[PDB]
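Each chain gets a letter, A, B and so on, in the order its sequence line appears, and its residues count up from 1. All ligand and atom numbering here is 1-based and tracks the order in the structure. Quick check of the header: electron microscopy, 4.4 Å. The structure shown is a partial extract from the entry, and contact counts are restricted to the extract.
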Amino acid sequence: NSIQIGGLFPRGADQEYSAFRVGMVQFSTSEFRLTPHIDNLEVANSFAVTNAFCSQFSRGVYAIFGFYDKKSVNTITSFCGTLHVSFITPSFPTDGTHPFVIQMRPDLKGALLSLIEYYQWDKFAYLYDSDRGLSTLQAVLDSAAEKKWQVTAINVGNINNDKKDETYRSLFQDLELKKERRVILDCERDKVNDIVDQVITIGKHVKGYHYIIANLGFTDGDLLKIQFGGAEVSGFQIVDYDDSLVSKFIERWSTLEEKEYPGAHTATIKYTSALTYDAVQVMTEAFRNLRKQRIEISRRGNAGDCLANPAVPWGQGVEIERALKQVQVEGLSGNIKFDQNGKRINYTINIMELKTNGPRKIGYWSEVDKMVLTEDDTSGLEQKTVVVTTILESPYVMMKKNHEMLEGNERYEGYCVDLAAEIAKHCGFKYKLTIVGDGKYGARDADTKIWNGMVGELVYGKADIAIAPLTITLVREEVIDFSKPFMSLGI
Amino acid sequence: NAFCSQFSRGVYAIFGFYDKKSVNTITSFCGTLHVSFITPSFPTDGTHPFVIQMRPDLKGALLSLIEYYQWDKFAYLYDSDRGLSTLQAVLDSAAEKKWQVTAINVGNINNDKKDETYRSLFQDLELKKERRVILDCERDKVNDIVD
Amino acid sequence: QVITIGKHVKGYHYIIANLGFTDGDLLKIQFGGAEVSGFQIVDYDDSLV
Ligand SMILES: NS(=O)(=O)c1cc2c(cc1Cl)N[C@H]([C@H]1C[C@H]3C=C[C@@H]1C3)NS2(=O)=O
């Protein structure tokens, strides 16, 4: 059953169309086949989109797969909600709940709010691009008003190429006025690779700055530039290379010839092409389940004018979309589930931070569960709170009256407490205030030389340092060492 | 449908209104078919051919009014249906003149909840105790909000 | 390698000990913040030059 479908592709989406051609024969043909009529046409001109849509409707296909632009989403929704034709896309998700649209891209906005609340920022700048839409820009301002954030948002998208070396300099020098430190970028990969190069030219990737990329292919762009910088860069992945089917597709994809499939003979892949690959799995599962329920999709006639007055559609497409919303398979993004509208739920997004060796993950974020870090504590050097032994003596070391409500190093008070604070301030170490067990100053045992008290805590490797009323003798220099004396006294 | 019908009728001059959703469709037809279109609707953003528009721009006057009243911190309630060009405009001057701007959408709220949602909105403004409000909507929303 | 590891901010200072000071690349660290000085024996302002 070679079923007629329609395909919309931009002039330049070569990796995505190549991935579609791969997924065409990656798994098919025990059954129905597909008849893809491909339209390598533009996406900006909605008149061209209209011409292509009426041409594929004159073909009279059952499903249309492709992309759209923000100058075209109204056109696609307005025609599909009329003519009841199911439309499937990997582009940015729509704003209103629209019928007959299945959209392959998960949300980013809740993840990004989770990330900001994890890093605990208060004031930052937000470079956005207009041509991807403004849904995230609308979303962040609400939580900025509620969570008392200070947002300086700046449009950057409409700047021409021919002044695109000094516009950015003027922009970041204006950011120098408030002395900005925290930047969230929201662009396409080309604008990312332009702006990173201009930042690395003007020298703003030292230790001190911090960057968040708001995309899905965090490692799909260039990161060898600012890998060794000093700044810290975090982002998001939906394609995780550690998994079995993922690495299988990596090996299969790397072994292909670049001349047959352009942009395919690499190691990594674009997330757009990954969702394009998973779309074929969903679209084949659909007709699989319709032959499982044995419901015929016989058009039984021709299609006609898309300007039919009034046009009347056919509700077996409603049943097609109904079975589309029930598909649940595993793919490159992981599990998939749909809502009552065609939006994706049941996804998982990895949080990816750049380090010196390269990118790595620190945690995940679910559709309902918040940011769950994976406890990747590779911190091999922790400055240990050193062992400080003492004994209770007024006014050297005294208890406070509210010691149960307070905690630890706050509980003790006196001359020695103040002094140990001064020593730790000058020497930069961490410390924890402890008490000797046996409550003595300490002397040696007869015939066994067992130094008890605070002496054996330092002799026997138990305690680390002792700021305490201890007297320099002759018999104590042989086992421990003293500094210069700080307070004189006598019997 | 209506535009294809009247061009089939052979119209010499097209006139009509447009909302924020049909504007790309109308300019995309008019750039191709070279038909002079006239409108009182909201002005566009890019320089598009064959579109004459009677409603003048507003953004320079509104920025001049802000500079005359000599403000630094204010709230800004907007509706999405007329466009977001003014919202994109005032944020740049906020970035230059270092303004403290809180901007909140209002256009999504349905009619069955427009007694308590607005109250919650003004209570959340009174968390900061705002004194200076720019409303940016249509006349219907203005009459609904001033009450 | 300096411009990769990020050591051309305001604060650093460089002296090139050659004769073709502008014969090498200087568009890289022109906008840096550091200051670079060197030597020329070929002066482009002159008539025969
Ligand atoms: N007046 S006191 O007992 O509190 C006191 C006693 C002493 C102080 C400082 C004070 Cl405030 N520092 C001296 C040191 C300073 C120098 C000279 C000897 C030591 C090095 N040791 S000390 O003679 O033990």
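- Of cyclothiazide, enarodustat, felodipine, only one is at ligand 1: cyclothiazide.
- Contact analysis gives the chain with most pairs under 4.5 Å to cyclothiazide as the one UniProt calls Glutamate receptor 2.
- Other chains in heavy-atom contact with cyclothiazide below 4.0 Å, by letter: A.
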